[PDB]
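In what follows, a structure is listed as structure tokens, so that the remarks can point back to it.
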Amino acid sequence: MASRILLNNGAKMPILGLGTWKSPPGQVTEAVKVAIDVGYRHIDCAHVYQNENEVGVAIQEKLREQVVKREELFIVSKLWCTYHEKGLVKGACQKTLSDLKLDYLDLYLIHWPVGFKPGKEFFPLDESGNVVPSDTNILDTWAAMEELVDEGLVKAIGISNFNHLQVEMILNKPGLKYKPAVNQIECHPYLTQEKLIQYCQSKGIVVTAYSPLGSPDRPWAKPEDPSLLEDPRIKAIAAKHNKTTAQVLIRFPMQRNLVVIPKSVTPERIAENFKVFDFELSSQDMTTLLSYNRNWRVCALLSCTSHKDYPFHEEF
Ligand SMILES: NC(=O)c1ccc[n+]([C@@H]2O[C@H](COP(=O)([O-])OP(=O)(O)OC[C@H]3O[C@@H](n4cnc5c(N)ncnc54)[C@H](OP(=O)(O)O)[C@@H]3O)[C@@H](O)[C@H]2O)c1
Ligand SMILES: O=C(O)Cc1nn(Cc2nc3cc(C(F)(F)F)ccc3s2)c(=O)c2ccccc12
């Protein structure tokens, strides 16, 4: 298992990164410090996570301590939905860079294919609970992303939560300057994404799997919901390898030639989650895990389902 994958810009992206959604600012600095100490070189960030300053503190300290060099780190962030207007994109990227204390990102993603009304709120709702869209479109937002590459703010650009038709829209743009390098999508044994992965990989786009542990800390979880980490079938596969269920869930996407970004703020778990380069899932294991697909999505906000660019009405 090679630890990095080649992107379309010639850069290599570590296949294991640290997720930071729901990592509170009072804990995320320590999490990132520990992650860097134990070998993580990829950090997945976003403005909407409200913790980029604290991620930035940790990176800066480890650079200053001579633990890592900037060129060895792969820092990803994402353009939030309220900044899709062409005139807002650069400032959103620069705010992220300032918070992270960086002079470039390795990868910058369109976080979701939908634009929301610009303003202070991340989730502007009307009086009846519907998200308030903006009149922006995917291609104009992509053009603004391309400018960030041209100006040296970001080394690569990509997309997240795009369906295959939305990806195709960008690929087919007349006068396209940069192809998306990455599509970051939810992916785990209950949402295996076979068709979208096949699509993306056939078009030379690297897929990153988010919520690989099933995001048990997601704020809308219901007790009746399926739980990957507690699935006794996955426990049994883990036991056979003398690994944890999380380690199995992280290794699974790696063997599908995906990048994977498990989140933790717990130091023991951050270290555990990295110890996935010392075993292999068998062909039967892989087949069995894929068989658990239920098309069950843990990230898809009800209030957004009437947006014109809502991604999940399409089959894939
Ligand atoms: N692009 C997007 O739209 C998008 C959407 C969702 C997620 N993401 C990215 O993907 C990352 C990962 O997804 P996620 O945060 O939704 O969830 P996840 O990584 O599937 O699960 C994180 C949860 O699992 C727990 N956990 C971690 N390691 C564990 C272990 N070894 N044993 C038991 N429990 C463990 C964590 O607890 P503790 O932290 O308390 O240890 C946390 O509650 C995010 O943080 C974000 O960076 C991107
Ligand atoms: O965003 C993250 O990284 C994690 C994430 N996910 N979700 C669920 C979402 N579902 C969406 C669906 C659309 C849609 F495109 F479908 F309209 C657009 C935007 C969203 S946010 C959230 O509600 C959220 C809130 C704060 C911080 C991060 C998140």
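Residues: numbered from 1 along the sequence shown. Quick check of the header: X-ray crystallography, 1.1 Å. Side chains are part of it too, since the values below use all heavy atoms of this structure and drop only hydrogens, waters and symmetry mates. Just so you know, ligand 1 is whichever comes first in the structure, and atom 1 is the first atom listed for that ligand.
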Determine the main partner chain of ligand 2 by heavy-atom contacts under 4.5 Å and name it as in UniProt. Aldo-keto reductase family 1 member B1
What drug are we dealing with at ligand 2, do you know? zopolrestat
Under 4.0 Å, heavy atom to atom, what does zopolrestat touch in the other chains? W21, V48, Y49, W80, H111, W112, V114, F116, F123, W220, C299, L301, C304, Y310, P311
State which UniProt-annotated active-site residue of chain A is closest to zopolrestat and how far away it is by heavy atoms, to 1 Å. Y49, 3 Å
Give yes if a backbone or side-chain nitrogen or oxygen of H111 is under 3.5 Å from a nitrogen or oxygen of zopolrestat, and no if not. yes
Any idea which protein heavy atom is nearest atom 5 (C) of zopolrestat, and the distance to it? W21 CZ2, 3.6 Å
How far is atom 23 (O) of zopolrestat from its nearest protein heavy atom, and which residue and atom name does that atom have? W220 CZ3, 3.5 Å
Where does zopolrestat share space with the UniProt substrate-binding residues of chain A, that is, which have a heavy atom under 4.0 Å from it? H111
For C304, the zopolrestat atoms whose distance to one of its heavy atoms is below 4.0 Å: 14 (C), 17 (F)
Just jot down the zopolrestat atoms closer than 4.0 angstrom to any heavy atom of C299, in number order. 6 (N)
Do me a favour and list the nearest non-hydrogen protein atom to atom 24 (C) of zopolrestat with residue, atom name and distance? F123 CZ, 3.9 Å
Identity and distance of the protein heavy atom lying nearest atom 20 (C) of zopolrestat: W112 CE2, 3.3 Å
Other ligands and ions less than 4.0 Å from zopolrestat: ligand 1 (NADP nicotinamide-adenine-dinucleotide phosphate)
For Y49 and zopolrestat, does the shortest N/O to N/O distance drop below 3.5 Å? yes
N/O to N/O under 3.5 Å, zopolrestat against protein:
| from | atom 1 | to | atom 2 | distance (Å) |
| --- | --- | --- | --- | --- |
| zopolrestat | 1 (O) | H111 | NE2 | 3.1 |
| zopolrestat | 1 (O) | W112 | NE1 | 2.9 |
| zopolrestat | 3 (O) | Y49 | OH | 2.7 |
| zopolrestat | 3 (O) | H111 | NE2 | 2.7 |
| zopolrestat | 10 (N) | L301 | N | 3.4 |

